[PDB]
4 protein chains.
Amino acid sequence: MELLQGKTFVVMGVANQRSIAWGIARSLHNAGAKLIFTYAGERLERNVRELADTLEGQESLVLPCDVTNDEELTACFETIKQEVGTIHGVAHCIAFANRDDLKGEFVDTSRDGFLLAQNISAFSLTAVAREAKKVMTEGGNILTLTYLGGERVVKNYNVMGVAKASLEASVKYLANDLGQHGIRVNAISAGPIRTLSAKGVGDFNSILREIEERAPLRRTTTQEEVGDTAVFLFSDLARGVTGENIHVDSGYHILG
Amino acid sequence: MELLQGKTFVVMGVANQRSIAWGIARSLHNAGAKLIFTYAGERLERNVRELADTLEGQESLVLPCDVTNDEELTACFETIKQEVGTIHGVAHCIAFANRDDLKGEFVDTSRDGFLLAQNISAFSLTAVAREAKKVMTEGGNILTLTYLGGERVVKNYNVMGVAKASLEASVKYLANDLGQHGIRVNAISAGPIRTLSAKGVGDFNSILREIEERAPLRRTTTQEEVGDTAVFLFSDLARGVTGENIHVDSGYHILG
Amino acid sequence: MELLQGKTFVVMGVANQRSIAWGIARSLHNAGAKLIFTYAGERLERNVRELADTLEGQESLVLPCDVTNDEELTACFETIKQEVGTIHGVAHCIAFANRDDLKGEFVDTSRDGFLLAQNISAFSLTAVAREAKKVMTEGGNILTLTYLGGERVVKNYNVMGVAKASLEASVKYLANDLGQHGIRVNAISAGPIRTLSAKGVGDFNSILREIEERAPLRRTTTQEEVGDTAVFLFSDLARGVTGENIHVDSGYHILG
Amino acid sequence: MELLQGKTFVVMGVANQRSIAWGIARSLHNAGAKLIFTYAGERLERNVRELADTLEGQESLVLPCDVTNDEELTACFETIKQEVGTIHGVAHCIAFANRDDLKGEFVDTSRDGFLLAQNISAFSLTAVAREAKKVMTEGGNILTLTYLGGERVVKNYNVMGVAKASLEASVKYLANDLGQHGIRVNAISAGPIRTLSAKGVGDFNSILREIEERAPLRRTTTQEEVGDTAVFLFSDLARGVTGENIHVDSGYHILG
Ligand SMILES: NC(=O)c1ccc[n+]([C@@H]2O[C@H](COP(=O)([O-])OP(=O)(O)OC[C@H]3O[C@@H](n4cnc5c(N)ncnc54)[C@H](O)[C@@H]3O)[C@@H](O)[C@H]2O)c1
Ligand SMILES: NC(=O)c1ccc[n+]([C@@H]2O[C@H](COP(=O)([O-])OP(=O)(O)OC[C@H]3O[C@@H](n4cnc5c(N)ncnc54)[C@H](O)[C@@H]3O)[C@@H](O)[C@H]2O)c1
Ligand SMILES: NC(=O)c1ccc[n+]([C@@H]2O[C@H](COP(=O)([O-])OP(=O)(O)OC[C@H]3O[C@@H](n4cnc5c(N)ncnc54)[C@H](O)[C@@H]3O)[C@@H](O)[C@H]2O)c1
Ligand SMILES: NC(=O)c1ccc[n+]([C@@H]2O[C@H](COP(=O)([O-])OP(=O)(O)OC[C@H]3O[C@@H](n4cnc5c(N)ncnc54)[C@H](O)[C@@H]3O)[C@@H](O)[C@H]2O)c1
Ligand SMILES: Oc1cc(Cl)ccc1Oc1ccc(Cl)cc1Cl
Ligand SMILES: Oc1cc(Cl)ccc1Oc1ccc(Cl)cc1Cl
Ligand SMILES: Oc1cc(Cl)ccc1Oc1ccc(Cl)cc1Cl
Ligand SMILES: Oc1cc(Cl)ccc1Oc1ccc(Cl)cc1Cl
């Protein structure tokens, strides 16, 4: 509860209280971290500011950052650098795909939808790392969130599965790049969690019940389980760990 | 010598006599197949045509097909359908990334370069499969070519490594989609081979020397070794094999 | 039907007409190979000789070979050397574990049952390779059979899953050893097939139904599909392929 | 710091203060854990008793446990049960192979050397878990240590690589078994560290220099980096993590 004392992290991707990013924010806060939040656009600004305010302590900086927009991304981290001076990591909790691509067969994925999913769900990690690198003057960790669907075929995940494969490969190439600067890059592969974006995946309740039935720990995962693993990865306990993908999924990933 | 007797395959991605696609074409021809060739633009028409000419026992069908162009892709396979009625598979031997992206550090990859590499090197397999599906009425195999860099970090591969991870995930999701229609989808992961596109990968002679020194078979791969593995995957011998990635790389992939 | 003309292979592990080894033998024969058969003990001798006699041509050499017995393993391959002088490959189709260890929880596996499974199902590949190397003076391929349960957790497989992990790792270390001598080592990972040994695995009809319902090709594998992939791996077509594990499982391995 | 307050762990495999198990013991101690130690035989008893003394005083429970000896192993955990009643985890840091089997080509591995390596380095995890299960009534975590050589071919590791493949598969099958009882099972894959047993692996200085040059973090790993990841896996922070293999190896595992 003082593992992250004296450290500041940027948390990207809070949309509401069910967001995995908000679970991460709570765990980081509870471990003593100061937090900077970024939100996608005006629609979500008050949700994020209100949640940030429920944390006790100094008021958290809350900034707009649409990761499809290089100008805004650059400006966002320039502001951060000037206002706080040093950060020790970034939690990248961002993905998007068109729902029409998610519903159809994968072979019917639109070109524009494929590239949009790649842009937001995979390339944005690299765009973010490029700007974050400048502010992580003492090193630290960059974290992203992935899903089993990026490693193997899971139903109704389709275009997002292929985007997560890009993301997981990006984690490795970024780790190899940034390690010499003392920056680690890792992923958490979370099991299914009911979030705002989970509605894009078909019959989510069958999926949850399947986890309960078959996963080794016989229960579904929580935002807090993901956040507590994020606490480890952002801490000095994980200083030897980079380019890794830790499954926080009740062991489901081992099943064949 | 007769494994592919009576079957016709579309080979995409011949550019010159060193192209892996040309090794695949020659092997398929040696196993009794008839071949159709597509070429990327006007600058390649004559060369692809000259090579296609040297296949005895058949006349040439050689068509323009820019896989970024949906109207042309659709028209190309409609022409194929009208000319031969049924094909039994497609060899997708196509990739591209900007030189400046391949030379820099991965973290400095441009957004447009990333999406361009994804479009041409990964999404195009899906775009091709969607059209090929219409002409593969007796089932068959769709093959693509990948590289170890899509699985693990290899030097000077960067944005292409991430595009190959995307391509390999696509192979799996497409296999899952098309299998019910009797269409298999597989990759060959080739070891380094001196081709036109190898010029964009830096220090290639030393990469080859590394294979020679360290690979289990103590030698570099050839276009013909890849071609002969394609013969298998396109044949009835591989009718139980789909969603697979066969390394044709002198064993190098097993090394830690 | 001439891929393997002029070549001689030792097929180990035929027990009856449903044995995967017998699928492999029929495919290799149809491809022009001469064959040598080994059998586990006196109880199987009749079956194996009867099956071998159904092959057109000169009656195949048939020899006892308990792979737990180093004296007999050595004598067997010395007899092979005196009878045919040179062989071009070996199909290792051998496994065993106590049926109590397959039933109970894996954590209740007995020490002697664990070591017995390792001895027969994993180490025997290496013991066989060491003798085969003496007779494979022109190079060739050594093949073994594995199962998805060596990679991920499959129900009831337990101690055999751990032995297959050991087997798959042995394939890689042997490939690295023997490649410099022109010897390739590969595995086929077969999907579930009703054989004599499949009686040891619980609810087998249920397993086959799941494959039929969920596998990309919507059907279960056959001994012939495995045999035809073995033809590839034993042929010159696969001369660039070593340390590989080819799944012949209707694509099931890709599912998450 | 208080992550493990009020919890007791069994540390197996301390030989001297360079032992990875000793790095683990120190980290657990610093996180507030109470520790029980086991030693292999009388040759190492003094080392282990004295090191245990520095952390726990002369109170400490220090017990003989040759993991090849089922009587002694059972007696060990029976003593733990009636001395402390409940434990919350076990660190299994035990491996052995004959030095001859580590130098010769893998194909020359002796049968009894192979089974010996499997017995001590892989089956012991299962035999330990079967006893630990009885005293882990509040749940917890079982940890083992593995090496990249269990996944891919690393030079001069041979029979131990195959034993680590078995160990890693055992982690998965054990996790699937014990999860329903609230017990997690995980591995740490450590990078090369100069320990007592590292002498078994040839030209170790060369291996270390390789890591320093090429690993993403450009430095070799330490016992403390491993211990601190162990603290995470034994803590409530990792309650969603089971059947996982975390590489603590400066990122080296991502490289191809
Ligand atoms: N929910 C699950 O079961 C699950 C499982 C595994 C991984 N994940 C991953 O976790 C991450 C967070 O998703 P979630 O489930 O918490 O849902 P969510 O809807 O709460 O979070 C998605 C976030 O992405 C943001 N985003 C989308 N487009 C953006 C853009 N252009 N610029 C900036 N931000 C943008 C949204 O504003 C939102 O905050 C995603 O990467 C998701 O794929 C989720
Ligand atoms: N050369 C190697 O060492 C190696 C190793 C592994 C994989 N590969 C892969 O093999 C495949 C073939 O590459 P190669 O080495 O034979 O090189 P190459 O340059 O001969 O072939 C690449 C082909 O892609 C085509 N292409 C590019 N953009 C296209 C577009 N818009 N539409 C249609 N075609 C387009 C080019 O015209 C060319 O024919 C690629 O996927 C490559 O990544 C190559
Ligand atoms: N049947 C399947 O669905 C399936 C799937 C994947 C892999 N496999 C593997 O295929 C291989 C062949 O099994 P199968 O299904 O054909 O069954 P099977 O019972 O027909 O063959 C197993 C063979 O192993 C032999 N064997 C056992 N102990 C031996 C010893 N001490 N010395 C020599 N030979 C010995 C038996 O005599 C028999 O010939 C095994 O490795 C098995 O694990 C089977
Ligand atoms: N040193 C490294 O670079 C490295 C890297 C990755 C993994 N590992 C693994 O870490 C673990 C600890 O090894 P280490 O490097 O600390 O060396 P070490 O020599 O300090 O520890 C190995 C321990 O195994 C014990 N052991 C051997 N046979 C035993 C038996 N019959 N019963 C009980 N205990 C027995 C020894 O007594 C010793 O305490 C091993 O599993 C090793 O394979 C080591
Ligand atoms: O990756 C996810 C995986 C699961 Cl099981 C549930 C939700 C996920 O998150 C998303 C899914 C689809 C879209 Cl459009 C956007 C996001 Cl954030
Ligand atoms: O994938 C490849 C791998 C290697 Cl080792 C060599 C060449 C390869 O092929 C390409 C590399 C870069 C670009 Cl721009 C396009 C292609 Cl086709
Ligand atoms: O590996 C196998 C996998 C499957 Cl699905 C079915 C049978 C298999 O083969 C065996 C299973 C158990 C034992 Cl005792 C011995 C063998 Cl040969
Ligand atoms: O697994 C290891 C990996 C490395 Cl790089 C170094 C030492 C290791 O540990 C061992 C190696 C050989 C033997 Cl005989 C026993 C053990 Cl404990």
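Chain IDs: alphabetical, in sequence-line order. Chain A residue numbers are taken from the PDB entry; in order, the displayed residues are 1-256. Residues displayed in chain B correspond, in order, to the PDB entry positions 1-256. What you see of chain C is 1-256, where the numbers are those given in the PDB entry. Residues displayed in chain D correspond, in order, to the PDB entry positions 1-256. All ligand and atom numbering here is 1-based and tracks the order in the structure.
- The drug at ligand 8 is triclosan.
- Taking the chain with most contacts, the partner of triclosan (ligand 8) here is, per UniProt, Enoyl-[acyl-carrier-protein] reductase [NADH] FabI.
- Contact chains for triclosan (ligand 8) (heavy atom under 4.0 Å, other chains only): D.
- With a non-hydrogen cut-off of 4.0 Å, the residues around triclosan (ligand 8) amount to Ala95(D), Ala97(D), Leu102(D), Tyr147(D), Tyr157(D), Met160(D), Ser197(D), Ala198(D), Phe204(D).
- Triclosan (ligand 8) places these atoms under 4.0 Å from at least one heavy atom of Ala97(D): 14 (Cl).
- The protein non-hydrogen atom at the shortest distance from atom 12 (C) of triclosan (ligand 8) is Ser197(D) O, 3.8 Å.
- Distance from atom 13 (C) of triclosan (ligand 8) to its nearest protein heavy atom, with residue and atom name: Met160(D) CE, 3.7 Å.
- For triclosan (ligand 8), the polar-atom distance check against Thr195(D) finds no nitrogen or oxygen pair separated by under 3.5 Å.
- What sits closest to atom 3 (C) of triclosan (ligand 8) on the protein, heavy atoms only, is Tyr157(D) CE1, 3.5 Å.
- Under a heavy-atom cut-off of 4.0 Å from triclosan (ligand 8), the UniProt substrate-binding residues of chain D that qualify: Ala97(D).
- Looking only at protein heavy atoms, the nearest one to atom 7 (C) of triclosan (ligand 8) is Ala198(D) CA, 3.9 Å.
- Among the UniProt active-site residues of chain D, the one closest to triclosan (ligand 8) by heavy-atom distance, rounded to 1 Å, is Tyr157(D), 3 Å.
- The nearest protein atom to atom 5 (Cl) of triclosan (ligand 8), hydrogens excluded, is given as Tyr147(D) CZ, 3.5 Å; this is a heavy-atom distance.
- Of all NAD(+)-binding residues UniProt records in chain D, the ones placing a non-hydrogen atom under 4.0 Å from triclosan (ligand 8) are as follows: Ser197(D).
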Using a cut-off of under 3.5 Å, which N/O atoms of triclosan (ligand 8) pair up with protein N/O atoms, and what distance separates each pair?
| unit_1 | atom_1 | unit_2 | atom_2 | d |
| --- | --- | --- | --- | --- |
| triclosan (ligand 8) | 1 (O) | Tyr157(D) | OH | 2.5 |

